[PDB]
Amino acid sequence: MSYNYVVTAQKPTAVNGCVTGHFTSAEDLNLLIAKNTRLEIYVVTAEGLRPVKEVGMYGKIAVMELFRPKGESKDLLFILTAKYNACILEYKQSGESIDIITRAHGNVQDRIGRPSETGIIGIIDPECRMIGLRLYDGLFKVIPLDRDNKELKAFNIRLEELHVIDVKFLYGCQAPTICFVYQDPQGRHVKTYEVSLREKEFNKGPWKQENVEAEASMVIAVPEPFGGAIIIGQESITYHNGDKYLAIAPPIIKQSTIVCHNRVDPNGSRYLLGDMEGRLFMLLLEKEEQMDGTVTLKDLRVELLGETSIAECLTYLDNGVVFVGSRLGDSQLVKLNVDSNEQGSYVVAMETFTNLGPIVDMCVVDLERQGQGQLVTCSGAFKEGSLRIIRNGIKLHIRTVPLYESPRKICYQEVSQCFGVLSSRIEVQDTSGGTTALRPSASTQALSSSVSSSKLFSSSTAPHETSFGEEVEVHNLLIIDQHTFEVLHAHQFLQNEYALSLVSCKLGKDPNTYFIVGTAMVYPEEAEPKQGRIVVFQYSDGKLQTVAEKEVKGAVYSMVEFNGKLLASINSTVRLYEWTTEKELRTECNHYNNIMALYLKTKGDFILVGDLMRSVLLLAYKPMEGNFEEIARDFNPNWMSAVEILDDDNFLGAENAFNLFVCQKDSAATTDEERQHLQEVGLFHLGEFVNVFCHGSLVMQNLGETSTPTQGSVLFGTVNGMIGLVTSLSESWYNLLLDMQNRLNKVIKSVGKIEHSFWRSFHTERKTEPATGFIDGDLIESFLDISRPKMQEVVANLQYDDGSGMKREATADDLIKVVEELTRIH
Amino acid sequence: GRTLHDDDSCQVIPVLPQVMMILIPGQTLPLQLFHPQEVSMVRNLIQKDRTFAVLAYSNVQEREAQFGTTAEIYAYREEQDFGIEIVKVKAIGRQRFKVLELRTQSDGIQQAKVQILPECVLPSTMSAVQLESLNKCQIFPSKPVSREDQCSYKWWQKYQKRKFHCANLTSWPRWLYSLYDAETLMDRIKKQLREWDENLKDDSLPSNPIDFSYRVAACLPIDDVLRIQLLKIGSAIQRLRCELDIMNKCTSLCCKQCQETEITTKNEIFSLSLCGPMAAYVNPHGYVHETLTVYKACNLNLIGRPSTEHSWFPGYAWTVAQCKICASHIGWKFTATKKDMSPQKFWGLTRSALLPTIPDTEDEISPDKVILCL
Amino acid sequence: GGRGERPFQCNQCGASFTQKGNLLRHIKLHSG
Ligand SMILES: Nc1cccc2c1C(=O)N([C@H]1CCC(=O)NC1=O)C2=O
Ligand SMILES: [Zn+2]
Ligand SMILES: [Zn+2]
């Protein structure tokens, strides 16, 4: 019933994995990067990185590890997707035609099985005898590495330890041995098991259960000379090997958790460790020959090299160069100098690869062309937080504005030629009583500055005290220039005040354009917020002044400009305020809902409301009555991340396991019961987590109306930096394109032989249905990149209609013209 | 053992005509059967699946029901009581259902075509957005299980900070995700249940949120028509959030014995002395009364004349007050002796006689229905 | 009636009664 088209405007930029090895040829060194559904292959040169091949998979890359089996020229690549599609890929080049051929594949999902708390863990034995996968608690799946195993037939092994944290395959063992840290009611422990492929079961490990630290989170197998393994926790780093057990508690690692590692020297003498706050350390393992040549670990040392981007993964390339794979910020290439610099750091940045990072909010603005729109996003988190202005070339051109603090919400104000941005910075509790900042950020380095006057809650405050060292986030409304992007003004909110919503509009008869902010007073003892405000600000003469302030009984989660009035949402209530002649908000309506009004979107007199559990609700303001009325709803429990009104009857949303869905106002409805239900009319597994939906387009709006094939345009921002676009089609165009997708799938070569139908099928841990009411634009647009006989095969015995009449045999040149028209929407 | 049907499956099961009260999955249903058709029907069920339907009536007079619960028989015994031969049976609530058809047989017993409503179980709200690097930090190093240490909000602060760290990648804060967290929601209920009445928490309530949510839905002091709302909810998260809303909406107090009489509202509570609104006072015979002071109270009858003998609030005379319906003792009406006294007339209610409840709107002038939140 | 002054009193709540029988009934209600 809904006919939609979805396409990628910007591919996912956030790096979730990186591995080095010899994938292309045994001689040259490669770096493989996993950017969610994309896989980039580079060659490591003395200058930097040389791009060799980039491929797209029909699946979110969960595991990615290289390995060289016995009797193979170069390394093979094992990949596992989020939907459990396992595959062994090989790099094959013929003259100037590069192709990633699928040596073996198969789905490794188990119908019945509770997925693990620590997610998917995929490891390979150092001698390539097997691939060990930990997908579900209580079971260890084993895919034996035999030349006969092409479908990836595997068997599960009963594991008595339910809560396994991390697991690795040990080096220098007679039989394949796994080492893992797990938790039980007596705390955390490290245990080993020998994996028998003949018996298809576990055997006694070389060194049975050993007690580890309370927060033991990482396991690292050490190569042949040393042997054994390194277990990293919060306060300590310990090395275990048979009888010996050395443990060190260096104070330099206590301030933050080590969340990623990488081997530097192939013997295991050096390792790179990265914490949550961007620090980079060097873990060194001192050796001891011991006459006979057994070689034992003498000592462990940790050295702080310096600061990088918040690293998700790390990988030592060569000659002091390390690739810093980041999710919250830009990924990098950094040089590790033997001697430090004047500041004391041993790290020096070489390249900075742009990452649109977690796009938490965004907006579309014209800015300078006065016709062509540009997209301004709230990107990254913490020191990696920034703004990004994405625009078309007229390829996408990106301009970065670093903030050094977390940006949260963004809106534009044309009247004052500037942007309003809600943002938060982390400060630490000082001995003196007050708080101290970590680094100088956008809110601390503002030209004009101000603090909110405590009136409402200065008197009405709960009794409590904050202890030394505790972190506290400081919220600010930043006024940023549209041209220079300098922080013109920074307004700090009250103590314990969390700023949630932000709008820029004209209310009532008032000709001034105000920046309205919705907040919530967040105390730790108080679970659900019972206090908040709506602050009306006016930016003029380089200063921000508080026009009005309205106290509320809850958290102002969302606000929208509603026909010259302010529509706000306080917890379960959806309230309508009117802007009086005395310049104050006055309540006109209230609507008490069965859900928490988190998501608030509007179209004319219609109001779309939604909560975190995908409870969708459609209200309507009755003007003659002067109150709200519920039109329809659809409550199916599932996690919802964003929502939007496509047209008067259709509503788009983003629900659990990276899916997109469309709800529709039931037509041909006789009964009130059926009129009051929104029918699910479209489902599609996007493979990205949407945070913001935004009406607009990044292409020339087109002055003269020349029969557009697509109607409407909704852009969207995701956690991986991917930007997509959604649009509506006609029944004829949909049925054509749908038939086209199924023809395209027969001729297109999928990496890992994963089915497109299976990939885009709506999926959750409980239910998995096929995709409906959605045309895969990435698949349709790939038609222009294919070869003329494959186009001839796709258009073979296919009927194309150009409108009104002439329903003739479709040709590749007619279809090329149609797909070329679709590529112009982004 | 245990007989369980498939999710969203269509089944036809019998309905015992004597039954009427709502049965929540997990809670037990004791039955006393006298009529041979009821006994014979139950004896057949023992040989078959041992399961029958318990309809959740909207109106028991007209026998109107849209949902219900399958009841599995786990105990049968042919007893004798008061010179009457009666069979006693115990059943336990299992699956929830939506009523499709209610065909009535030749006997008083009726069959019921029903669709099994599934138990919605969702993963952690952060499961999707969690960083691979931070997956290993998601696990906690055991519970503090020291009443004082977990009642202290410093542990729940550490829990929130760790579990919902990746809320920074999303458009919402950590504290919002806690409002849809099973463990946090259970703890909030436990704390408010202890606030209502002092009791042993470890023994009385289960650790599982599915089991916990049902246990609470059965024990809440509410109307069975309101209870249907909890039966309709399929997600234990939504079920717990709804229970906390119901709990927060119990702003009135009623006769614990009959529960048909709204005595007073929390708004009428007031502090006469600096001790507090509620305080324990002993009478001249050693009976201790935890007494709540309220400005106004109603649905009470006064017994005898006022007396100043051993008054707990000097300057006032007590008059014994009892429930208009069941005559159970609710407390006393304190009436001032002098004209210069501040409240002049107030009420001292005994805590043990009262029970929390949602303010009823029996008047047909403005009956605004209770709108529960998920 | 019985005794106008209400000499029969309840030790639990102070409820006075005109006849002993009424007090006995009253004290049975405290048991529940
Ligand atoms: N004189 C008697 C005799 C028997 C029982 C009671 C009293 C009496 O005064 N109270 C309460 C009534 C309420 C009060 O204010 N103070 C009391 O001690 C009793 O329960
Ligand atoms: Zn009563
Ligand atoms: Zn008494």
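The sequence lines are taken in order and lettered A, B, and onward as chains. In order, the residues displayed for chain A correspond to 1-394, 709-1140 in the PDB entry numbering, which applies throughout. Here the PDB entry sets the residue numbers for chain B, with the shown residues being 69-442 in order. We're sticking with the PDB entry numbering for chain C, so the shown stretch reads 138-169, in order. Order of appearance sets the numbers: ligands from 1, and atoms from 1 within every ligand. Below, all heavy atoms of this structure are taken into account, side chains as well, without hydrogens, waters or symmetry copies.
- Short version: main partner of ligand 1, named per UniProt, is Protein cereblon.
- The drug assigned to ligand 1 in the PDB is S-pomalidomide.
- Lab note: other chains with heavy atoms under 4.0 Å from S-pomalidomide -> B, C.
- Checked against UniProt, the (S)-thalidomide-binding residues of chain B with a heavy atom under 4.0 Å from S-pomalidomide turn out to be: B/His378, B/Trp380, B/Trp386.
- The bulk of residues of chain B touching S-pomalidomide reside in UniProt domain cult.
- The PDB record for this entry identifies chain C as DNA-binding protein Ikaros.
- At a heavy-atom cut-off of 4.0 Å, the residues contacting S-pomalidomide are B/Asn351, B/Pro352, B/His353, B/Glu377, B/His378, B/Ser379, B/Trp380, B/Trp386, B/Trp400, B/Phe402, C/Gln146, C/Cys147, C/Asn148, C/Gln149, C/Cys150, C/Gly151.
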